[PDB]
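Record below includes formoterol.
Note on naming: letters A, B, ... go to the chains in the order of the sequence lines (proteins, then strands), and numbering restarts at 1 for each one. The analysis underlying the following values was restricted to heavy atoms, covering all of them including side chains, and did not include hydrogens, waters or symmetry mates. Order of appearance sets the numbers: ligands from 1, and atoms from 1 within every ligand.
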Amino acid sequence: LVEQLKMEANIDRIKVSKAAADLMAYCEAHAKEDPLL
Amino acid sequence: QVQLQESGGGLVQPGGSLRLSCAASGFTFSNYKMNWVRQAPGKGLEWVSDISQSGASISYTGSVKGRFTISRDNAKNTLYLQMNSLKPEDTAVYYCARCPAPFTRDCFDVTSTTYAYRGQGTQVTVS
Amino acid sequence: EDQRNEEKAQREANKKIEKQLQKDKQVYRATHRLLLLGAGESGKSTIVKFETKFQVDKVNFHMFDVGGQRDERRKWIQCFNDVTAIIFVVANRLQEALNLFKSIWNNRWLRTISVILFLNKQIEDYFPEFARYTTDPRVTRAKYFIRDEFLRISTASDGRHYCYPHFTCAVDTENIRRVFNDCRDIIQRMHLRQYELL
Amino acid sequence: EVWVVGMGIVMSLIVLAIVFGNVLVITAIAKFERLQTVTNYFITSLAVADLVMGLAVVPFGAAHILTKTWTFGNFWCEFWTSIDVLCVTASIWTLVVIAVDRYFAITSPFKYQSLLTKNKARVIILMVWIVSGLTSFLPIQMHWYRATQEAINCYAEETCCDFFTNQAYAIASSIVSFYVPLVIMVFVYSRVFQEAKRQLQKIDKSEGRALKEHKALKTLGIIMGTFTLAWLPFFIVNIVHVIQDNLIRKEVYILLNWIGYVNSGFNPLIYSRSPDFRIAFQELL
Amino acid sequence: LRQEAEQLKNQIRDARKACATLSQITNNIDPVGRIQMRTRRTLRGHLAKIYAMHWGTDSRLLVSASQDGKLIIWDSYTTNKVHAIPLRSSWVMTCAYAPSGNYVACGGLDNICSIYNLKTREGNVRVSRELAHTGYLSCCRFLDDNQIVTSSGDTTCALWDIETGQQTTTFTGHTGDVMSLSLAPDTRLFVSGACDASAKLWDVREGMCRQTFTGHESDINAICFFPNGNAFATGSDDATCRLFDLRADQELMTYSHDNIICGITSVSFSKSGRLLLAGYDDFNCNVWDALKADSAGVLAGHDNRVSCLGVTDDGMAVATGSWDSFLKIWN
Ligand SMILES: COc1ccc(C[C@@H](C)NC[C@H](O)c2ccc(O)c(NC=O)c2)cc1
């Protein structure tokens, strides 16, 4: 349990300002091919 | 993450009085039906109390009628099990369990192990 | 034009499966299922009777069993909501059974199932109301008090499903008719209460 | 004048009731994809067998009272009389088949869901609309009712809309339209009440902790009385008017034919009394 | 040791709060507007509650599974029962369809997952290799035509290998039921829901967690995976869908409408990840915007429940198999 907490806390964590931008841009670029919208 | 801790407890001679608490945070408390559960050291889990989600429909087990008194607090996020007039056979670890679903009228919580809404549980014994 | 042969090739499969399903439904709607939770029977399903079929008066029953299953019951019990009668073999000890029964009753998907019941076990320190209740009585008091508690749990929800408490502790020879005759009543009442006639 | 202005509204509200209380039973079944069951095809056979009654017969059998003489002719006054006695027999035998349905579903509960299928609830209906036709449409075309004798003056002659049957047709029409269904729908409901008074006595042998034992009676009332009381006097006036004669007036033979043509407007307010229907009745209008 | 665990967990919480909602970023972007869709075909063929349907990879077929003791390989262009595979395990809690349209999976309360071969050469469709877990088996998926990653109620996801029928790897560490699981499109790592509000991600190769999560108030019924791989949604029993993320160890938005209190039963995205479907318990099927959460168009068609949901691999036709034996292929 503690080993898992450590081995999960010692990794990288990108910022929301960078992750939400990618999440937004992927949908904004695939909305064209998306026919159900 | 949901957090269900306790307080109080210890070692008291018969006829004593304990008032256990339970710190519930992480989830909205106003709509989850709670209940306490004690485990006799050397025995499987048992049942002691429960409560509805408005302090209305309090229930109890058989041999713990009248003695204790359970009461929630839908603003401070606590659950208090006031204990009165203990006995020789009231020594056990006391967990502040819960029930799985919101807006429910049922419980499936007194289990052998592997339950994720059931706190560590303080110890209360009698001398 | 060559695309006009697969049409018939597919429609023949269609018209063969719509001839096998209309012959399997006539054996699906002639067998009523069951359930045997609360405890493994070993006295009412293995010696007297994970399916375990049987037959009484040209009707068959898929008496299921959950003995090999786990303890947390909130996930594999919500997919039994179409069964007709949840048989319930039962013998603190009794308070656990009572708190299982109240939950099976007030559940939302098992709401309209008529819980049959079985007191296979056929006290005052764990029950203080034993002295302030009155219906050798050394067995009748206990038996009828347990049954009265179960029925006081069952008669507080309605009228769509009733508990049918029985008693059995002997060799249980005719312990199958007590399920057949008492599963007929569930269909009778399920029709009556629907025709606004009861 | 009021004898020509009352019967223009009292005999039109009935028309509106017939035509409007059953569109709500035809659409609320042909639309919802969850009512189309074995015991809700019967009720559609019961709603069509009064939609016709209120669309073809009654609006004509009202102007026939206003004018007091036929207008269309004979190739229509020999088809109208043949459609009416068909509609009535159909809308009674639908009640008898629903009654035998319920009776079997309650006195043989293990077999009504298995031995009565969606492909077997069309033989029944297209046998009822044949036991109605064979006794109310052909014996009129092949003229087995001509009443062979005072109708020779107008009825056969010209433009005289007046029913005149004989002592062999107006008897085997009643004994087939209202005295088999009556006996059958009395022996059915006796045996259904004898069980609704036992599954309300086995309840109070374990639980219960003329109050509610009189709910298995109010519904038998509003289902069976509203039919017997409405179709009995006409089908005793027929038998009496046949055996005796001149003891009954047309001003009574025509009031019974409207104390009867509303039991076919009450049926979508009696047999559509299940919560499924009572909920589906909302989205329609 | 428990105090040290609490300290480590406080450190993780501090880190995840320091590294921190997408609404404040996408608040002026153009919305999608109202949208509704109607039942193009009604696959009325079943005779019990339909509990799952893995919409095939062909974007044409689909395998629906029901407790009646049947497994009917439907079609979605002319609505014909291409096959009718009977099962020996009368209950079925999941079905799975190979990506090459070459296999199917089943298995429920009887603890046993099974494999039926449909592209046979001798007539009857026979069970290829039934493999066996102590507990029910509430999901099945396919990586290739011979690798299945089942869930269980045994609390242990367990990757299998159908050839010689062994557990190549075995995952554990939940302490609670494991309801649903997804798979990344590149098929390298897969989330796995559970009954502890624990959307613990895993790694297919090694066999240990990578970056777990816990952000719900009740058990998780069904999970999804964003079309690219850098996100994944999740439904729970408290009427909430929560767009998590697996690059920032936290969530990015919570989907919740005060008008409804029920339990999600299955989720799936669209192609562009813009419309987040959901199968509720008050008989409807909401649709949620990607980064502009609001119940846009309710696809209320069913009459008992919504037991699963699916979307074509090119985003063409949703299909929700409810509890009253009738699928419905929306469009
Ligand atoms: C003289 O003025 C009139 C005008 C119209 C009618 C309608 C009558 C034929 N309805 C008959 C009724 O609808 C019905 C129903 C069932 C039956 O078996 C029979 N049989 C009659 O001989 C008759 C009657 C009298």
Partner of formoterol (ligand 1) with greatest heavy-atom contacts, name from the PDB entry: Beta2 adrenergic receptor
Chains touching formoterol (ligand 1) at heavy-atom distance under 4.0 Å: D
